[PDB]
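All residue numbers in this chain count up from 1 along the given sequence. Remember, it's 1-based here, ligands and their atoms both numbered in the order they're listed. These numbers come from the heavy atoms of this one structure, side chains and all, not from hydrogens, waters or symmetry mates.
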Amino acid sequence: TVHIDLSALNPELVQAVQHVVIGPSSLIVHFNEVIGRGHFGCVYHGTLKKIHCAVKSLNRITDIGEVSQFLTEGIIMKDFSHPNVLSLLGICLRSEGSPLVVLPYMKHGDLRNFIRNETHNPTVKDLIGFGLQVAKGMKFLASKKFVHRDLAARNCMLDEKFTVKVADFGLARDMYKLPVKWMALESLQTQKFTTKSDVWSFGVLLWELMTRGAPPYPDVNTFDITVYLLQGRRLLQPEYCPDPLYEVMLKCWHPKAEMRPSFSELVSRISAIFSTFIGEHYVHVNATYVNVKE
Ligand SMILES: Cn1cc(-c2ccc3nnc(Sc4ccc5ncccc5c4)n3n2)cn1
Ligand SMILES: [Cl-]
């Protein structure tokens, strides 16, 4: 019930955030049709020529300090612009501090549900291509010294050109329960995350891709994944995963974080493997993974 007067905000901060601000007449949020839902708010179809967008309605912000941090995050996120990264269209703030985050609309939704869909017919080439795109997005994000911490197929999205966008970061961060099965050994133990721990998660994402969205370690008690790994174990090679790509996954899971490939090396290696395929190998679903909850 707290009142907030927005006119109390820093003049320099309101000036610097202008290029990220969307006018009240520039945006039409269709509160009728919900397209997504997270812990921090619902996502609605929006109209921003008229372009489709995704509008996330955050919880009403009541402290002007927290408003300032929301604006600062907007400016930084705005500059995380890359073909393979979900790229912020702008931010909106209504009377009494009702924030709207405006993102490009992703026609094909999240990458995990896309690959799981039985009506889709991916080839090895298609799936490796998606993996390659994710590596390019992460290469960019690492160059901005940004550590994602929650890289997973569920957190990447696909547009109408089948361009993959690394998403779920900055103002778009949400659960749409740490993601322990995507976490590097050292992160499970020290709770610290780096670009090299993102490379571990990326290897798990490649495994998700080649299994068409199987839950990793299907029969492993989440509360014991460190013990399981320390027995001397990794995810098995998916049936339709090429040997060199499985070799890349094993590199992503190197026990020594500094020995893992950079995203730059991953883009290079995966571009080469991708180039060898012509789209003749269809990837089918493993009977033992069908209906297994994650
Ligand atoms: C299962 N699932 C995962 C997501 C998701 C993932 C990352 C992520 N990073 N930002 C957002 S919000 C968003 C962004 C674009 C959309 N485009 C179409 C439909 C829903 C959309 C939702 N997301 N949403 C939504 N459902
Ligand atoms: Cl192929």
Student: I keep forgetting: which drug shows up at ligand 1?
Tutor: SGX-523
Student: Which polymer chain has more close contacts with SGX-523 (ligand 1) than any other, using its name in the PDB entry?
Tutor: Hepatocyte growth factor receptor
Student: Please list the residues near SGX-523 (ligand 1), using 4.0 Å as the heavy-atom limit.
Tutor: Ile35, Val43, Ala54, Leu86, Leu103, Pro104, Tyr105, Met106, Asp110, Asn113, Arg154, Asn155, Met157, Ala167, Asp168, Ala172, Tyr176
Student: Go through SGX-523 (ligand 1) atom by atom and flag the ones less than 4.0 Å from a non-hydrogen atom of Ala54.
Tutor: 14 (C), 15 (C), 16 (C)
Student: Show me which atoms of SGX-523 (ligand 1) lie under 4.0 Å from any heavy atom of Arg154.
Tutor: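 SGX-523 (ligand 1) atoms under the 4.0 Å threshold to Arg154: 3 (C), 6 (C).
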Student: Would you say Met106 and SGX-523 (ligand 1) have an N/O pair spaced under 3.5 Å apart?
Tutor: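 So SGX-523 (ligand 1) has an N or O lying under 3.5 Å from an N or O of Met106.
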Student: Which residue annotated by UniProt as active site in chain A is the nearest to SGX-523 (ligand 1), and what is the rounded (1 Å) heavy-atom distance?
Tutor: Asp150, 8 Å
Student: Would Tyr105 count as being in polar contact with SGX-523 (ligand 1), using the rule that some N or O on each side must be under 3.5 angstrom apart?
Tutor: no
Student: Just wondering, where does the PDB say chain A originated?
Tutor: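 The entry records the organism as Homo sapiens.
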Student: Would you know which UniProt domain in chain A holds the bulk of residues touching SGX-523 (ligand 1)?
Tutor: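 It's the UniProt domain Protein kinase.
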Student: Which of the atoms of SGX-523 (ligand 1) are close to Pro104, meaning less than 4.0 Å from one of its heavy atoms?
Tutor: 15 (C)
Student: Looking at SGX-523 (ligand 1), are any other ligands or ions under 4.0 Å away?
Tutor: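 Found none.
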Student: I'd like to check which SGX-523 (ligand 1) atoms, numbered from 1 as shown, lie under 4.0 Å from a non-hydrogen atom of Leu103.
Tutor: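 Heavy-atom distances to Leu103 below 4.0 Å select 12 (S), 14 (C).
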